[PDB]
Structure formats: C-alpha cells, structure tokens
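What follows is a deposited structure in which one can find echinomycin.
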There are 2 protein chains.
Amino acid sequence: XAXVXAXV
Amino acid sequence: XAXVXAXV
DNA sequence: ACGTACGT
DNA sequence: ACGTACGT
Ligand SMILES: *C(=O)c1cnc2ccccc2n1
Ligand SMILES: *C(=O)c1cnc2ccccc2n1
Ligand SMILES: *C(=O)c1cnc2ccccc2n1
Ligand SMILES: *C(=O)c1cnc2ccccc2n1
Ligand SMILES: [Mn+2]
Ligand SMILES: [Mn+2]
C-alpha cells in the first residue's frame, strides 16, 4: 500500500 | 539510491 | 499484491 | 564515485 518504488 | 554524484 | 529513484 | 526507498 505504501508508494516509495511501486505503489500498490 | 546511492549518493556518491547524484543521491536519489 | 510491489518495485523507482541520477549525476558530478 | 553507485545503489535506497514502505505499508493499504
Ligand atoms: C501495502 O501496504 C503493501 C503491503 N505489503 C505488500 C506486500 C507485497 C506486495 C505489495 C504490498 N503492498
Ligand atoms: C520500490 O521500488 C521499493 C523497493 N523496495 C523497497 C524496500 C523497502 C521499502 C521500500 C521499497 N521500495
Ligand atoms: C539507487 O539505489 C538508484 C538505483 N538505480 C538508479 C537508476 C537510475 C536513477 C537512479 C537510481 N538510483
Ligand atoms: C555521479 O554523478 C555519478 C555518475 N556516474 C557514476 C557512475 C558510477 C558510480 C557512481 C557514479 N556517480
Ligand atoms: Mn523487492
Ligand atoms: Mn509489510
């Protein structure tokens, strides 16, 4: 759920 | 992510 | 269930 | 002169 590199 | 010239 | 982020 | 960055 976090988006820092994918943002699921 | 390394920073040795840009640091991203 | 998911990888993005640069230049001296 | 090289890899760090999170939870809905
Ligand atoms: C977001 O909160 C989140 C948490 N755990 C994960 C595990 C695997 C893929 C994506 C995920 N996203
Ligand atoms: C994004 O591509 C990405 C990859 N790995 C991680 C590990 C820990 C926190 C955040 C991350 N983000
Ligand atoms: C940092 O770990 C890192 C890794 N690969 C990259 C590629 C392109 C721009 C920035 C990057 N940063
Ligand atoms: C910084 O500007 C920079 C440019 N190219 C590189 C190549 C290899 C290692 C580190 C680098 N840093
Ligand atoms: Mn991963
Ligand atoms: Mn987790």
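A, B, ... follow the sequence lines: proteins, then strands. Residue 1 opens every chain. Values reported hereafter were calculated over all heavy atoms of this structure, with side chains retained and with hydrogens, waters and symmetry mates removed. Non-standard residues take their parent's letter or X, and their extra atoms are not counted toward contacts.
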Check your understanding: Which parts of this structure should be attributed to echinomycin?
Key -> chains A and B
Check your understanding: What are the letters of the other chains having a heavy atom under 4.5 Å from echinomycin (chain A)?
Key -> C, D
